[PDB]
Undergrad: 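My structure is below; once you've seen it, I'll send some questions.
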Amino acid sequence: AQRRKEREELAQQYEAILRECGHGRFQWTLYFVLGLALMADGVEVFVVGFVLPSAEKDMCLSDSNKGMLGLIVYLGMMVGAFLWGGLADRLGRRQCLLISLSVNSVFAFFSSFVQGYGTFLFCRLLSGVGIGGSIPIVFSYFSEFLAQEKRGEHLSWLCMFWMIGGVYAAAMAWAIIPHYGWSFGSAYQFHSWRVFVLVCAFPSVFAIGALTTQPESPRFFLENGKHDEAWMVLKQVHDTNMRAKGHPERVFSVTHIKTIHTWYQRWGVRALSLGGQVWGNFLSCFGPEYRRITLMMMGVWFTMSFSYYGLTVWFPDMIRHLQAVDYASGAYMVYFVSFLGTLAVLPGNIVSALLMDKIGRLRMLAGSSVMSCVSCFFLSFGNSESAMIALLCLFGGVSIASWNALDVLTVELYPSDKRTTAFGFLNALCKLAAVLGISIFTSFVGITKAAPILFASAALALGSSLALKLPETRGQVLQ
Ligand SMILES: COc1ccccc1NC(=O)C[C@H](C)Cc1cc(C)cc(C)c1
Ligand SMILES: CC[C@@H](C(N)=O)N1CCCC1=O
């Protein structure tokens, strides 16, 4: 009873404080700084999806082992997503983002000097574990600096760095190791997978470097009884915004803010308490206050991730199959298609950013899901390479909007003391759905074109049937 009242007072006051701070230089700087972190995740996703299996096929491996790396690394991503989402609530957004990025960068760096297959697999799996927490923590961290008046518009532009990271990974793959053989012989003569591995780590390293300049979120401090730190961070935000706008004379007027109140021996108690608190936060997502919302968000996330990841990983393979069939009558194609998809997303990002705060998140999600279901089905009508590429561009442009709406809903549907936990759980479910979709769809490449498309269409139809039942978060203070 009492705690809900106090947290409602804090939520009401936080939006007023943010309106006093306003939007400007600080938010955009933080936007770029976290865009680097999302770029790291996009790079890892591309590497796992496309580089590793191609390498395995180009590797001295038994037929039974031609697809293990992607599966195991995605499972590691799932585990890391849940782990880092759970901890971010208790340790902080910036702290957990730094730790996860550090793990990712370190184990990426190690993977360059491995010599076997098990060791490279191990290093890359731990790297996947590290990066898995980037998306939940980034989306929870940035949204806490945004006022309700334009939170949806500003959150819709984060996904571009994911696309740019994927394009970067594809371009580096083409430039350094274009459909070369893979061995663990090359002597790291630039044109070796080791250098590509090292190059792909740069976005994460730069994200770590830049991230150490930004301030921890004030909402986390206020939710945990740290008044003075939150006040200083909010004053920093206000001063930066006003000094950049040409009004340095202004004074931050907020007086007081509502707040909510041997080594092997100490570490044991600390770890047990952290685990208990994280598990308690997780179970709260299934209580009577949130059980329905969580159960429907699970379905929406699962279906959307299934369809999207399955189609994206299946499309290059079926293009290669079409080319092979025509010939019977490589690495550049993936990069070109990635660049085209990144261009196609941009109109969708513009439209979603414009309409998110006007038509609401629910209508964006539902309409975009219906359009994605229809456009994905149109893939069955394409016959030539160009037609397939154009239809996929249409699918991506109409689908990216639903992802922005889903991200905004996931941010706004859960309270600030459990936001990262719920987002991490749903992102782990998304990674599991990606595993299942990539495993199922790719098996049909040499058999039939219709089955993957129909499965994706049915999954998107089911997902769009659930999106209509979620509540609308438009025009409400950040929980
Ligand atoms: C932007 O590229 C990435 C960014 C981050 C992770 C992976 C990838 N790329 C892929 O998965 C390959 C795939 C073919 C790209 C693509 C997707 C969509 C919806 C539409 C088009 C036209 C292309
Ligand atoms: C940050 C981008 C990310 C997301 N919305 O969580 N995306 C884009 C489509 C596939 C995916 O996971």
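Residues displayed in chain A correspond, in order, to the PDB entry positions 139-322, 325-401, 415-482, 593-742. Going by what the header records, the deposited coordinates were determined by electron microscopy, 3.0 Å. Every number for a ligand or one of its atoms is a count from 1 in the order of the listing. We use all heavy atoms of the structure for the numbers below, so side chains are in, but hydrogens, waters and symmetry mates are not.
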Undergrad: Write down the drug at ligand 2.
TA: levetiracetam
Undergrad: Main binding partner of levetiracetam (ligand 2) in this structure, as named by UniProt?
TA: Synaptic vesicle glycoprotein 2A
Undergrad: In this structure, which residues build the binding site of levetiracetam (ligand 2) when a heavy-atom cut-off of 4.0 Å is applied?
TA: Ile273, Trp300, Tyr461, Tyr462, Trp666, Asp670
Undergrad: Check the UniProt transmembrane segments of chain A, counted from the N terminus, and report those with a heavy atom under 4.0 Å from levetiracetam (ligand 2).
TA: 4, 5, 7, 10
